[PDB]
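Consider the following structure, which contains BI 2536.
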Amino acid sequence: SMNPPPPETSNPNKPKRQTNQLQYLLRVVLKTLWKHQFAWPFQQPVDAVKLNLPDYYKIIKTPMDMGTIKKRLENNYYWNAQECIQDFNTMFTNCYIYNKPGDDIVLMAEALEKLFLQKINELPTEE
Ligand SMILES: CC[C@@H]1C(=O)N(C)c2cnc(Nc3ccc(C(=O)NC4CCN(C)CC4)cc3OC)nc2N1C1CCCC1
């Protein structure tokens, strides 16, 4: 309140490469998390105006969400799987910083994180 613009998702200046890890992150990791029962609050940027939380972007200076992550993968924005994994981690950490521990939103993030960590453990060897 006001809302910032959403995170950048494309840069045609950035070099691009398709790898088996980035593919997996899109087609497996993002897809499985997106479809989870608890995914819906994490599918787009926090609208702090709509939610009437004017402090949200006073506290969270590195917002991230799965809608942004989806687009960055589509746009070949990431050179490395680690860049993408960091964005997921940022999304979770933001939720943990902003919200009271144990609140339902935190439990929802925790569940998605547990699933994300399981999929990351199965990240294919770079080929
Ligand atoms: C930004 C803080 C935190 C967070 O970290 N994320 C990511 C977040 C992302 N998106 C949402 N979204 C919504 C949250 C609540 C509602 C909603 O309609 N709540 C009803 C209000 C009336 N009540 C009788 C029934 C419940 C709708 C939402 O989006 C349309 N909430 C989030 N929260 C929550 C904000 C309030 C709890 C914590």
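We're sticking with the PDB entry numbering for chain A, so the shown stretch reads 42-168, in order. Atoms within a ligand are numbered from 1 in the order they appear, just like the ligands themselves.
- Counting every copy, the structure places BI 2536 at ligand 1.
- Taking the chain with most contacts, the partner of BI 2536 here is, per UniProt, Bromodomain-containing protein 4.
- Nearest-heavy-atom check against atom 11 (C) of BI 2536 across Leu92, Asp96, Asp144, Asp88 picks out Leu92.
- Those atoms of BI 2536 with a heavy atom of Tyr139 less than 4.0 angstrom away are 2 (C).
- Near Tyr97, the atoms of BI 2536 lying under 4.0 angstrom from a non-hydrogen atom of the residue are 1 (C).
- Lab note: most residues of chain A in contact with BI 2536 fall in UniProt domain Bromo 1.
- Residue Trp81 has at least one heavy-atom neighbour below 4.0 Å for each of these atoms of BI 2536: 12 (N), 13 (C), 28 (C), 29 (O).
- Each of the atoms 7 (C) of BI 2536 lies under 4.0 Å from some heavy atom of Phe83.
- The PDB records the source of chain A as Homo sapiens.
- Applying the 4.0 Å criterion to heavy atoms of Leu94 picks out, from BI 2536, the atoms 1 (C), 2 (C).
- In this structure, of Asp106, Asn140, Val147, the residue bringing a heavy atom nearest to atom 2 (C) of BI 2536 is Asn140.
- Using a 4.0 Å heavy-atom cut-off, the binding site of BI 2536 is formed by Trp81, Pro82, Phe83, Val87, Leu92, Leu94, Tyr97, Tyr139, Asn140, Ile146.
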